[PDB]
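Report on the following structure.
Reminder, nothing fancy here: chain letters follow the sequence lines and each chain counts from 1. Determination method: electron microscopy, 2.8 Å. A restricted portion of the entry is shown here, and the contact count covers that portion and nothing more. As a convention, non-standard residues are reduced to their parent amino acid or to X, and atoms outside the parent are not considered in contacts. Excluded from the calculations below are hydrogen atoms, water molecules and symmetry mates; all remaining heavy atoms, backbone and side chain alike, are included.
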Amino acid sequence: XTXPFXX
Amino acid sequence: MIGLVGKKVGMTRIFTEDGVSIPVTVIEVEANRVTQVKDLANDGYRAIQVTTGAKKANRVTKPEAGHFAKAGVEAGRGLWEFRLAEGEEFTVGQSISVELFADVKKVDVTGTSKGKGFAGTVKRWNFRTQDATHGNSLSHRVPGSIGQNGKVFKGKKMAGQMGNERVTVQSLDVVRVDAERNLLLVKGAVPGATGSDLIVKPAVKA
RNA sequence: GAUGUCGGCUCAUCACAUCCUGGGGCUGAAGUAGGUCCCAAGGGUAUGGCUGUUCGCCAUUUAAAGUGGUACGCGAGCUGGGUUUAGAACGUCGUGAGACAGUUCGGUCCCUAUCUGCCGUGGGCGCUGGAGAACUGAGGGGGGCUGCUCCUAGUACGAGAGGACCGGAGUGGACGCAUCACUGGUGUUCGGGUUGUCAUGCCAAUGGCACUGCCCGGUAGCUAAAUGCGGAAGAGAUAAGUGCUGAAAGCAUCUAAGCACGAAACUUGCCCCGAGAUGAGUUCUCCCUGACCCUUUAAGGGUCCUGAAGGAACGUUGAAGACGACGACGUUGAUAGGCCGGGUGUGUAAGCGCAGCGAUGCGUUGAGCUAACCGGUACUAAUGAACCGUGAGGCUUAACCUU
RNA sequence: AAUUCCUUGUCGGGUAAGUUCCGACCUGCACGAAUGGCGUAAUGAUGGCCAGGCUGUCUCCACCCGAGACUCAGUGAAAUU
RNA sequence: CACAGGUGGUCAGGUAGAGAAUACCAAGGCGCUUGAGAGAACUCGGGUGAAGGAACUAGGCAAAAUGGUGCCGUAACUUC
RNA sequence: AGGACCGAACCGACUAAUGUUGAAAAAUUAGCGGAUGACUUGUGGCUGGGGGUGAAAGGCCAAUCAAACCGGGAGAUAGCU
Ligand SMILES: C=CC[C@@H]1/C=C/C(=O)NC/C=C/C(C)=C/[C@@H](O)C[C@@H](F)Cc2nc(co2)C(=O)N2CCC[C@@H]2C(=O)O[C@@H]1C(C)C
């Protein structure tokens, strides 16, 4: 959700 | 023509009269002896079989005992072969000295390299190390990519055993030949560590 | 009911529409230096400044700083500046919530590798008696770059200025292998200085702890920035291209038959692996020359005796090593450790004595200590043994024995 | 310009070379005066830039001391299929 | 969970030090419920480094060192 | 004297690395910031779900917040898998 998995 | 078998005794410095220091790799070329003389009627190539050194009586095998006793030559520490250039002739029991290299002026030495064991790509293939800081995550001295978007091509430079293999240095200048001491002063460095056996043959590259 | 996106880093790989080097044709090619086109992919093919950038501009180099494919190669390899969340501002639009391919500051990138594949390294079996070595080399990799300077020659050319191919020599850069004698780094296993502190009863003298307490040096070994070598020459067949002879086609023509030149490509030669090359190779040497039974009577099975050549295991070990493996030795013995001597390094120990008010200094003394190194030494330990594998090696054919 | 599309505006300074930075000009795509304007000493784990010093960040990595990785005995795990 | 976790109060030795910092100790309490051997790549945590010294990179992350006491001395600007 | 200075406890959490089936469902190590104050802390108590509280982030309200948890309406409805 935050950008690339899982930022 | 043919070469010989000796021992790497080490390295020292030779000072000339003009004040120059010539690196040398001293070699203890003990008196060699021929063991077999092979021709085309039986084997199919003109070569010889030479040994050197000595060995313990109660340690050498019986098969080789007859192989050496056949030629009436005391046992050695091994066996090697040299091909003849269509103009060489020898006989079993013949002893060969270091004077054979009296008028050659150059040789190509051969021997086994030192043992580095399991080595990395940097130690082995001179790979470029990645960034040590500025984000690097457990990938400092690693190779990196090894392919594309689906098999690693054969011969891919990787980590593995480094050393302990046949190595041949070429066109080494000769400096001195002292038959009294059975020595040979070869310029430069050669493979193998002190005590290891190595081959010395005239230079084909001039 | 998930194929993770620019660029950088790293590691690369193929194509040739060739950037350089190589070989040629025409040239409005004098020469030097260029232009154009052909053959050629063997190897090689910048560093930095600004920018997140690729790109691009700029500076300075280079023989040249190639064009492209590989999920605009490569995030179960790294990065996370950019893109691409939630936060907050400017500009702008909207009454407003909010929004913009407008900008700006900030902002968790997970995975112990089952298979394939790749780099390395072993076991087992096989190759037809078995065992121990040395080879053949079918095949497969590695390597293949290049500048400058001098002579040839201030020659040919040219009015001068300017300034050669051909051929030879030397010296360099980058890359690559090996090596540690030299120059050096490392050296928490050597020595010494020294702060604070605890302890060894105390002084003296030592040791521990504090990043090896902080430092100065430094053996072996490893190692590069250090020093030696290397790219080839040569040969054969060729590409573009140039040809001789020569008809078809009375002449002409490099070709159709024939024949001679021809490049860093290809095949060779240099280096390494290499008989699991199941097409399983070749040479030398060594060891085994039993008594019977029974049986679907056979490449049959079992018992008693026999147990070699050699190997393995075990052990002491290695400039060999992840483990296996490989190498050396095992009392007929220097394999390791210790011990003796020596060398190297550290730098005048301790103790006593002398001087001085004392801290300290001097003499004994270049003293004592000293790791892995050199040369020697059986003092200890590597044990007699047993464990291991056998007994003449099939059938057929041809030639020999008994040419 | 935390605002400027054209744009790395133009000039100058600094650098061997500066799309960034500072100082000026104004052609203000689309600043603007309490949703405040222009300044402002000091302050800031604030943003941007240039220096000195310092260094293995790098050129180009090398060696060493430790904990794992590796082997042996013991226990024995987890994810996908 | 036999957990690198959190926390309210009280007692507060000696040497050095300004100090409840820090370093070595006392009292007293522990060595952290698997170990042995080897001494490869690579990773983690550290130490040293030839010559150059930010050329690294989006951007100088860490390290080291400046680091303490006393004395001299101390710019622009300023709300003094 | 000081919402003053350096700096432990204490309270915080700017950077980096490790870890990321972790020792740990947000930590460790190295440094870092405030440290007489708008400070911090113990015990107890009160404000309560379209409401509370909020030096304001759509933050917190028992590891859950653009409307908590539990139960019930309830076998909500699902023209979609
Ligand atoms: C605020 C968050 C940005 C947001 C992300 C949405 C999102 O749901 N991302 C999850 C990623 C899913 C992936 C990687 C799935 C793969 O199985 C297939 C893809 F690979 C195919 C593919 N993706 C893209 C292009 O092609 C692609 O555009 N994206 C993949 C990475 C994120 C980016 C994207 O969607 O960004 C959006 C922007 C635009 C608003």
*Given the choices SNX-111, MEDI0382, virginiamycin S1, what is the drug or drug candidate at chain A?*
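The answer is virginiamycin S1.
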_So I'm looking at this entry - what's holding onto virginiamycin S1 (chain A) the most? Name it the way it appears in the PDB entry, please._
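The largest contact count goes to 23S ribosomal RNA.
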*Which chain letters belong to other chains having any non-hydrogen atom below 4.5 Å from virginiamycin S1 (chain A)?*
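Based on heavy atoms, that gives C.
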*What organism is listed under source for RNA chain C in the PDB header?*
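According to the deposit, it's Escherichia coli.
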